[PDB]
K.L.:
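This is the structure I want to talk about, given as structure tokens.
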Amino acid sequence: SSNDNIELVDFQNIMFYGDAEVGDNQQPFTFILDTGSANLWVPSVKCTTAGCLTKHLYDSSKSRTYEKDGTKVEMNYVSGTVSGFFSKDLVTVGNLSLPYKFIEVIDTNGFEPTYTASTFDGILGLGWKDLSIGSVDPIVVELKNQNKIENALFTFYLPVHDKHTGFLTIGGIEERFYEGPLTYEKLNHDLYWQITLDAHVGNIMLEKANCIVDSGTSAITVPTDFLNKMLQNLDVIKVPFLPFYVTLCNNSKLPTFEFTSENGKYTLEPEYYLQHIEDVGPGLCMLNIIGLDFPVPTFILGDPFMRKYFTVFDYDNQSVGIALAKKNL
Ligand SMILES: CC(C)c1nc(CN(C)C(=O)N[C@H](C(=O)N[C@@H](Cc2ccccc2)C[C@H](O)[C@H](Cc2ccccc2)NC(=O)OCc2cncs2)C(C)C)cs1
Ligand SMILES: C[C@H](CCC(=O)NCCC[N+](C)(C)CCCS(=O)(=O)[O-])[C@H]1CC[C@H]2[C@@H]3[C@H](O)C[C@@H]4C[C@H](O)CC[C@]4(C)[C@H]3C[C@H](O)[C@]12C
Ligand SMILES: C[C@H](CCC(=O)NCCC[N+](C)(C)CCCS(=O)(=O)[O-])[C@H]1CC[C@H]2[C@@H]3[C@H](O)C[C@@H]4C[C@H](O)CC[C@]4(C)[C@H]3C[C@H](O)[C@]12C
């Protein structure tokens, strides 16, 4: 009905979070909404670590829909590890509710310093079942199976800093969120939001590259070889000890990413991957790009791509729909 959604709030023009609840008493948590994972976790009142002092914590004893599991789980992300045990309780996203298996986290030491530095309490996975720990049906799929929504799909309309808030819409496509044509790219993986695109950056290209559309990566990642070729004679300087590159914001050597399919063309101009850091010096920007090598040459089209392009994640049609995000409104 209409279209169920959760508001997306920009954090310092580099991350975005949405709020959902756990327990029949609707205990509120702030989440990274992560299309690149397939589990929900919240920090427990039983959490024994420094990071949890600054967070909204889940109290299973205060929920009468809580069902004990206790199966120990370690959740290993590329950027950190959280551990605890499975619990079952009511999960509410927008105005949609369902009983759900999630991880009750008691150790966040492996998630620092990012955890304490950030406003999110946990991570809400929007991936595929066979990627999940504990064989958990994805929230959006379950809601469709329960006839709580018209379609097993969700859309990302990211917030733009000082322009507009964003929305995760569950169960329907709103035309308000995108201008121009919506192009559907079929998945090249059984259990990941990953599509095939030719990647062109200036004179260098990777043919039929694996491209993950990842709401839960706050950067563009490119293969390390590709990045080394991109940055040759570009007048950019890497930060000592850190995989981040600094440039003059006005550096006209900075290239436009061009990603092409049989039916689509997506470009990402420097304004979409530049981060102003003028506290550090005059007219200096960081590139929101990092080198990351997968066994197959892979790009992560993270936050910076999804700031520019509205995205539809369709379980039933096993495709990602891409359209230019509407600027205002
Ligand atoms: C400067 C810039 C780099 C910034 N990053 C941030 C926030 N960070 C740390 C990230 O986004 N980091 C990314 C990340 O790990 N994202 C993660 C969420 C997260 C965020 C913050 C801290 C800890 C975890 C979420 C991403 O979807 C990644 C994508 C991925 C998957 C496999 C292999 C490589 C990459 N997913 C996972 O790591 O999930 C693995 C799984 C575990 N169980 C099932 S799959 C990396 C891919 C770069 C703020 S500013
Ligand atoms: C998971 C990857 C490392 C992948 C890996 O294990 N790579 C081994 C091969 C290395 N090389 C390609 C250089 C060898 C090939 C030689 S070649 O000549 O081919 O280049 C590592 C490398 C740099 C890491 C980030 C930074 O720490 C900054 C920050 C610290 C926070 O706390 C957590 C978040 C964040 C964003 C980190 C996330 C993640 O953790 C990254 C991407
Ligand atoms: C081979 C590497 C893993 C790292 C590696 O180089 N070697 C480890 C071998 C495998 N494990 C030891 C984890 C097996 C555990 C079972 S064991 O029997 O060992 O206990 C490959 C094999 C399959 C890959 C994932 C899947 O494609 C799905 C998905 C595609 C996206 O594009 C990127 C994210 C993700 C989760 C991929 C991550 C990573 O890229 C994997 C684990």
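The first residue in the sequence is number 1, and the count goes up from there. Both counts, for ligands and for their atoms, begin at 1 and track the order of listing.
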K.L.:
Give, per UniProt, the macromolecule that holds ligand 1 with the most contacts.
P.N.:
Plasmepsin II
K.L.:
Quick check: which of entrectinib, muvalaplin, ritonavir, solithromycin, daraxonrasib is at ligand 1?
P.N.:
ritonavir
K.L.:
Nearest non-hydrogen atom to atom 3 (C) of ritonavir (ligand 1) belongs to which of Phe294, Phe244, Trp128?
P.N.:
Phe244
K.L.:
Can you help me figure out which UniProt domain of chain A most of the residues touching ritonavir (ligand 1) belong to?
P.N.:
Peptidase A1
K.L.:
I'd like to know whether ritonavir (ligand 1) has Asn288 as a neighbour, heavy-atom separation below 4.0 Å.
P.N.:
yes
K.L.:
Which of the listed options, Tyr77, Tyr192, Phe111, holds the heavy atom that is closest to atom 23 (C) of ritonavir (ligand 1)?
P.N.:
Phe111
K.L.:
Contact between ritonavir (ligand 1) and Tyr115 is defined here as a heavy atom of the residue under 4.0 Å from a ligand atom; is it met?
P.N.:
no
K.L.:
Tell me which one of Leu126, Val73, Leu131 gets a heavy atom nearest to atom 45 (S) of ritonavir (ligand 1).
P.N.:
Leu131
K.L.:
Counting heavy atoms only, which of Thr217, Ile289, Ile32 is nearest atom 48 (C) of ritonavir (ligand 1)?
P.N.:
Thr217
